[PDB]
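Drug on board: 10-1074.
Every chain is numbered from 1, with letters handed out A, B, ... down the list of sequences. Only a part of the entry is shown; contacts are counted within it. Side-chain atoms are counted along with the backbone in the values below, which use heavy atoms only and exclude waters and symmetry mates.
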Amino acid sequence: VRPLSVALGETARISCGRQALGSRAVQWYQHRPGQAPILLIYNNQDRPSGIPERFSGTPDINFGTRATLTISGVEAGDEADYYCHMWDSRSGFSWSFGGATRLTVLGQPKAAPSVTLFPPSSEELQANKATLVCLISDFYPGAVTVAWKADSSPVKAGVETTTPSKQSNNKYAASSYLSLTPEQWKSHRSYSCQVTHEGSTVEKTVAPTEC
Amino acid sequence: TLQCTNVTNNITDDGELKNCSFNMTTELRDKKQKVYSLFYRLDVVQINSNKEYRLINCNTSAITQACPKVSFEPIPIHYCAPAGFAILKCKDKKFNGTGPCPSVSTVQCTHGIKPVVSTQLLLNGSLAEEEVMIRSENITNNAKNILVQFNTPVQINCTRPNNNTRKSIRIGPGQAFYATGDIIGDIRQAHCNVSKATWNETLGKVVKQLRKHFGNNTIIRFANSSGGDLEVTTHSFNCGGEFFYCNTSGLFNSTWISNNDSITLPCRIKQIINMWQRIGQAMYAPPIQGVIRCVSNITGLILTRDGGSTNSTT
Amino acid sequence: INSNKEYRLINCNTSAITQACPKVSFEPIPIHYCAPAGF
Amino acid sequence: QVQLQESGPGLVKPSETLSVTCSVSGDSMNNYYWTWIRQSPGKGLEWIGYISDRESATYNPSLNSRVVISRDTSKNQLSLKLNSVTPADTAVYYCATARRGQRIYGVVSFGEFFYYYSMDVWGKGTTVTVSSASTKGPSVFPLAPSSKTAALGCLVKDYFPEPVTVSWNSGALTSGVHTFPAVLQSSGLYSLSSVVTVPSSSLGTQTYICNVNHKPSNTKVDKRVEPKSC
Ligand SMILES: *[C@@H]1O[C@H](CO[C@@H]2O[C@@H](C)[C@@H](O)[C@@H](O)[C@@H]2O)[C@@H](O[C@@H]2O[C@H](CO)[C@@H](O[C@@H]3O[C@H](CO[C@H]4O[C@H](CO)[C@@H](O)[C@H](O)[C@@H]4O[C@@H]4O[C@H](CO)[C@@H](O[C@@H]5O[C@H](CO)[C@H](O)[C@H](O)[C@H]5O)[C@H](O)[C@H]4NC(C)=O)[C@@H](O)[C@H](O[C@H]4O[C@H](CO)[C@@H](O)[C@H](O)[C@@H]4O[C@@H]4O[C@H](CO)[C@@H](O[C@@H]5O[C@H](CO)[C@H](O)[C@H](O)[C@H]5O)[C@H](O)[C@H]4NC(C)=O)[C@@H]3O)[C@H](O)[C@H]2NC(C)=O)[C@H](O)[C@H]1NC(C)=O
Ligand SMILES: *[C@@H]1O[C@H](CO)[C@@H](O[C@@H]2O[C@H](CO)[C@@H](O[C@@H]3O[C@H](CO[C@H]4O[C@H](CO[C@H]5O[C@H](CO)[C@@H](O)[C@H](O)[C@@H]5O[C@H]5O[C@H](CO)[C@@H](O)[C@H](O)[C@@H]5O)[C@@H](O)[C@H](O[C@H]5O[C@H](CO)[C@@H](O)[C@H](O)[C@@H]5O)[C@@H]4O)[C@@H](O)[C@H](O[C@H]4O[C@H](CO)[C@@H](O)[C@H](O)[C@@H]4O[C@H]4O[C@H](CO)[C@@H](O)[C@H](O)[C@@H]4O[C@H]4O[C@H](CO)[C@@H](O)[C@H](O)[C@@H]4O)[C@@H]3O)[C@H](O)[C@H]2NC(C)=O)[C@H](O)[C@H]1NC(C)=O
Ligand SMILES: *[C@@H]1O[C@H](CO)[C@@H](O[C@@H]2O[C@H](CO)[C@@H](O[C@@H]3O[C@H](CO[C@H]4O[C@H](CO)[C@@H](O)[C@H](O)[C@@H]4O[C@@H]4O[C@H](CO)[C@@H](O)[C@H](O)[C@H]4NC(C)=O)[C@@H](O)[C@H](O[C@H]4O[C@H](CO)[C@@H](O)[C@H](O)[C@@H]4O[C@@H]4O[C@H](CO)[C@@H](O)[C@H](O)[C@H]4NC(C)=O)[C@@H]3O)[C@H](O)[C@H]2NC(C)=O)[C@H](O)[C@H]1NC(C)=O
Ligand SMILES: *[C@@H]1O[C@H](CO)[C@@H](O[C@@H]2O[C@H](CO)[C@@H](O[C@@H]3O[C@H](CO[C@H]4O[C@H](CO[C@H]5O[C@H](CO)[C@@H](O)[C@H](O)[C@@H]5O)[C@@H](O)[C@H](O[C@H]5O[C@H](CO)[C@@H](O)[C@H](O)[C@@H]5O)[C@@H]4O)[C@@H](O)[C@H](O[C@H]4O[C@H](CO)[C@@H](O)[C@H](O)[C@@H]4O)[C@@H]3O)[C@H](O)[C@H]2NC(C)=O)[C@H](O)[C@H]1NC(C)=O
Ligand SMILES: *[C@@H]1O[C@H](CO[C@@H]2O[C@@H](C)[C@@H](O)[C@@H](O)[C@@H]2O)[C@@H](O[C@@H]2O[C@H](CO)[C@@H](O[C@@H]3O[C@H](CO[C@H]4O[C@H](CO)[C@@H](O)[C@H](O)[C@@H]4O)[C@@H](O)[C@H](O[C@H]4O[C@H](CO)[C@@H](O)[C@H](O)[C@@H]4O)[C@@H]3O)[C@H](O)[C@H]2NC(C)=O)[C@H](O)[C@H]1NC(C)=O
Ligand SMILES: *[C@@H]1O[C@H](CO)[C@@H](O[C@@H]2O[C@H](CO)[C@@H](O[C@@H]3O[C@H](CO[C@H]4O[C@H](CO)[C@@H](O)[C@H](O[C@H]5O[C@H](CO)[C@@H](O)[C@H](O)[C@@H]5O)[C@@H]4O)[C@@H](O)[C@H](O)[C@@H]3O)[C@H](O)[C@H]2NC(C)=O)[C@H](O)[C@H]1NC(C)=O
Ligand SMILES: *[C@@H]1O[C@H](CO)[C@@H](O[C@@H]2O[C@H](CO)[C@@H](O[C@@H]3O[C@H](CO)[C@@H](O)[C@H](O)[C@@H]3O)[C@H](O)[C@H]2NC(C)=O)[C@H](O)[C@H]1NC(C)=O
Ligand SMILES: *[C@@H]1O[C@H](CO)[C@@H](O[C@@H]2O[C@H](CO)[C@@H](O)[C@H](O)[C@H]2NC(C)=O)[C@H](O)[C@H]1NC(C)=O
Ligand SMILES: *[C@@H]1O[C@H](CO)[C@@H](O[C@@H]2O[C@H](CO)[C@@H](O)[C@H](O)[C@H]2NC(C)=O)[C@H](O)[C@H]1NC(C)=O
């Protein structure tokens, strides 16, 4: 993969992974994690209905210019992978779209993590299992640490922590599970999930003694 | 011995260009050279792991190469006569070339004559007047060639669309060889375009002139050639540095009796040329860099006839 | 050209070299240029 | 209004036949060309093959001819089959169409174009895990909310393999849903959680039915969420 990063409101341009051989039909493709791909440039400059005019590929002037996208007015929602599928007169059938340029658009404001801690369910406590679930949301950037506290003391025992991952809002989200039993969950006065973001901590504390 | 490969393309064939790696020599007599060049299939032949190839002239005639300074471009030439002699120009419009000439004028030099080295077609020459003139030494003999002269010149655009590279490799001192480099971009092939409209009308104006000498109303058929060397069976000529050999078929696909687009022809290029067939000495035409284009004006023709076949039929 | 250094002639990459055979000399010989009749 | 839908198995043992079916809708099947594409975790995109209006299938030689493609002119369904599956074959799959472009540079009579396929219409996709571990049913429990906008939901615990799908009120509850990732326990089993947002006063009047579906295990749980007895 080829790293690239552009600022906000600027103009970005993305070269092709391969190089032109013969006159070309350049198929530019875009991919977001978990979503489905979208065609932007087919036939080297051509654009479909419903695509922004900020995006312009490279025309065919007989070689010269390589295959390059041009994005005017770069925005925060422009972070994705990019593939240039080079169809040309020489390499023939192209069964690969080239490399991967993953764009990361910086310059975004900071948010604060939305954290909530949950006690085990009335039915789950009847299943002889207690999993402390700590959920985090709406924080830019995605740096977050989930710590478990038994009363005032840290718990490293049975800590199942997921990775903060981008949401649809261009912010991350992270879940954590303290692998435990209905006994250890009720054994301490207050169980505190520590979620720290950008030096500030949003900590939700569940006490079994409070309805 | 040449180690060559079918040229790089994505299938859809059934080549003719080869990436040819061979061990060569340098200006320093001891050290040698390992080089690659791209050759048309007509200049080489194979010999019987990957197939090996060798040049076509190796078993015939000592090969030279016309140095790139000298060109092949036909330059108009006026042949002249000395004192005590002169040249006579026969100017009468309808003239079959034999018998007496009504219009006799004397000059000391001819008009501009490009010594066009070409076959099957005449380019850039003189035009006839009024009817298109039919000239033959003897028309009862099919073997004797028959020549025609147009009153209307015909346009043709000949191109080598490939963008060539010329690799100059040092065989010296003072010697050197200009090879062919890899094509830059699209792989195309040579061709020449001719208007189909003026063409169809040309054959109509011609067929009306044949019906003065042959029949008042008869049938006239055109068909492609018979056989012989490639210099005959195809159309040879130099287009700017290079000698093109073209397939002429669809021009002559016709049958005529009594009462908007254009055409295109395939072409091939050959560098090694023995032209005028003289053995013991060949020649190599260095490749010209890039897309070649030459525009020609067709002033003349050469034809032969068939045989008894069926009595007064076609 | 780039153990002991190796060398090569200067004309090898330029022009085919000959040698004036030792019989023929280079000695300048006085020459009188002359003109024909009518001149 | 051409649209598409997939179907996954969700789990397969190694060296077994894997089947996926893409449903065609909104238009006919003889107007355009069809294709499928997959991607493995950690790796990039990989092309597979295509099939045309005359139904002849074409494949990528990198697949060792282990792929077979068939449409259905009646069903409006595009099927797929794969045998000889390996642990590295766990991936996510899609289906799409192909507009057949022909990029002409020179004279068309000489074959001086080529055939370039530009993709236009796409599809959703499913998930399959190739693993030798037996399937494990999800443990569904209705996490009870607190009393003090609030939060409730249901738990999905100790299931193998993915995917597990959750919904609220059989599709009557939309805005405010936040699902969270499924951790990988050291035993090779996952656990996930989901949450939905409502106004403060909905509690006890609106019945919240969490519908859990683990398709690999065929586990469909309609479990309801109710507040704590306190
Ligand atoms: C150009 O040219 C060039 C040349 O040059 C020239 O010359 C000079 C002089 C000058 O003049 C210049 O100028 C010129 O030009 C060319 O090239 C060439 O060619 C040729 C042809 O022929 C070739 O030859 C060949 O040789 C061979 C030998 O081999 C060896 O050696 C060599 C040299 O030395 C080398 O090269 C090779 O390679 C080898 O060696 C080896 O190798 C390997 C591989 O590669 C290696 O290994 C490696 O190692 C590494 C480390 O180090 C790593 O590990 C890697 O991985 C690996 O791989 C090694 O090392 C090496 N070694 C050394 C170096 O030492 C031979 O062989 C061949 O032969 C063959 O065939 C033939 C026919 O043809 C025959 O006759 C023979 O015999 C053979 O065969 C064989 O046989 C045998 C028996 O006898 C057998 O054996 C057996 O086996 C079995 C099993 O199987 C068992 O074991 C038994 O026991 C046994 O016995 C076998 O098998 C067989 N095989 C077969 C295949 O068959 C040949 O002769 C050469 O080489 C080349 N080169 C050079 C010289 O350099 C070109 O081409 C041109 N071009 C054009 C013309 O164009
Ligand atoms: C002797 O005679 C020989 C035989 O006559 C002769 O051979 C001829 O040689 C010439 C070259 O000199 C060849 O000319 C080429 O023609 C190509 C084909 O052009 C036709 O089709 C295109 C594409 O149009 C699409 O959409 C239209 C309408 O919507 C459809 O009708 C088409 O089918 C096609 O549909 C697409 O989508 C379909 C559905 O998916 C697909 O199924 C389909 O395959 C397609 O993908 C039209 O644009 C053309 O119009 C042009 O020509 C007409 C006159 O005919 C003009 O009026 C008009 O102004 C245009 O000039 C035509 O209908 C051309 O593609 C090719 O030009 C491209 O390649 C050359 C060479 O590399 C480049 O230099 C040039 O820049 C071109 O690339 C641009 O345009 C192409 C167009 O497809 C794009 O694909 C490409 O990405 C790039 O576009 C981008 O940049 C452009 C500016 O650079 C910009 O304008 C674009 O918007 C975009 O940004 C070239 O013209 C010719 O084919 C030979 N054969 C014949 C029969 O003529 C020989 O030369 C003669 N020799 C002599 C000496 O006389
Ligand atoms: C066979 O086919 C070949 C391909 O068609 C053809 O050769 C091709 O020739 C063209 C130019 O004729 C060449 O294209 C560009 O060449 C640039 C350098 O050439 C200069 O100077 C030469 C003199 O030797 C002139 O002949 C050229 O015209 C050009 O002059 C400049 O032209 C511009 C055009 O407006 C004028 O504004 C200038 O004033 C003028 N200067 C003068 C006269 O002094 C070369 O720099 C180009 O490369 C750049 O663009 C490429 C893509 O188009 C990029 O891939 C490459 O990275 C370069 O990007 C540039 O990078 C710079 C610094 O990073 C930036 O500042 C530029 O903004 C940026 N430009 C772009 C557009 O991105 C370019 O190559 C072809 O390269 C050349 N092709 C080959 C394969 O040789 C042959 O002639 C054909 N043969 C025959 C016999 O016909
Ligand atoms: C000058 O121009 C010419 C033309 O441009 C050129 O190139 C040659 O072009 C011709 C094009 O036709 C080449 O192909 C030949 O085609 C022959 C015809 O076969 C067709 O018809 C068959 C039946 O015809 C019936 O009617 C005819 C006419 O009345 C009659 O002769 C027949 O006897 C018969 O009654 C038909 O069978 C055949 O195929 C059918 O069946 C097959 C079964 O397999 C099926 O698969 C097909 O789908 C189809 O249904 C076809 O439809 C053919 O007979 C001929 O082959 C014979 O002769 C050649 C040459 O003598 C032998 O080599 C060969 O072994 C056979 O005996 C041939 O295929 C011809 O090939 C081109 N030339 C060359 C060399 O390849 C010249 O090159 C041009 N020259 C220049 C300098 O430009
Ligand atoms: C001169 O060349 C003509 C072809 O040149 C075309 O145009 C040039 C510019 C090039 O691009 C070249 O590649 C093109 O092909 C040539 O005319 C062509 O003749 C063939 C048949 O000889 C036509 O094919 C179809 O023929 C059948 C009948 O053939 C049967 O009987 C014959 C014997 O008489 C047998 O030999 C055959 O095996 C068959 O058994 C027709 O029924 C059919 O007509 C139908 O389809 C066409 C379109 O393809 C329609 O227009 C009609 O209305 C019918 O629906 C074909 O005619 C081929 O089509 C035809 N081309 C053209 C453009 O007409 C011509 O024969 C050459 N002249 C001479 C003297 O050789
Ligand atoms: C195919 O090619 C042939 C031959 O090339 C064309 O046939 C005719 O060619 C003759 C000349 O061979 C032209 O007829 C006369 O040409 C006279 C000579 O003209 C040259 O010398 C003049 C005085 O020294 C000079 O002024 C003149 O320049 C003129 O043309 C220049 C471009 O060539 C231009 O830059 C100048 O400004 C100026 O216009 C020439 O160097 C000339 O004195 C006569 O007036 C007359 O033109 C015919 O016109 C040619 N055409 C025809 C139809 O007869 C033939 O046309 C070509 N056919 C096709 C289809 O292209
Ligand atoms: C590129 O080089 C290859 C080297 O072989 C050439 O391939 C050869 O192509 C001919 C066709 O002209 C093949 O002959 C065919 O054999 C089949 C099977 O018996 C027969 O059914 C056909 O009628 C025909 O005779 C030949 O086998 C094939 N060589 C090999 C090793 O398979 C190819 O032609 C070269 N390309 C060019 C443009 O020369
Ligand atoms: C060429 O044209 C001439 C007329 O200009 C033909 O006429 C011949 O003229 C000669 C005079 O030298 C006579 O002896 C012949 O008897 C004439 N023959 C005819 C048929 O008229 C001459 O025949 C023509 N030649 C050709 C080959 O057509
Ligand atoms: C051959 O090419 C020449 C140009 O290289 C063509 O000339 C053009 O002819 C048209 C009329 O048909 C004129 O309108 C143009 O102005 C001409 N251009 C030039 C540059 O002269 C000619 O038509 C071509 N002929 C064929 C048969 O292709």
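- The parts of the structure that belong to 10-1074 are chains A and D.
- In this structure, the main binding partner of 10-1074, as named in the PDB entry, is Envelope glycoprotein gp160.
- With heavy atoms closer than 4.5 Å, the chains neighbouring 10-1074 read B.
- The deposit credits the origin of chain B to Human immunodeficiency virus 1.
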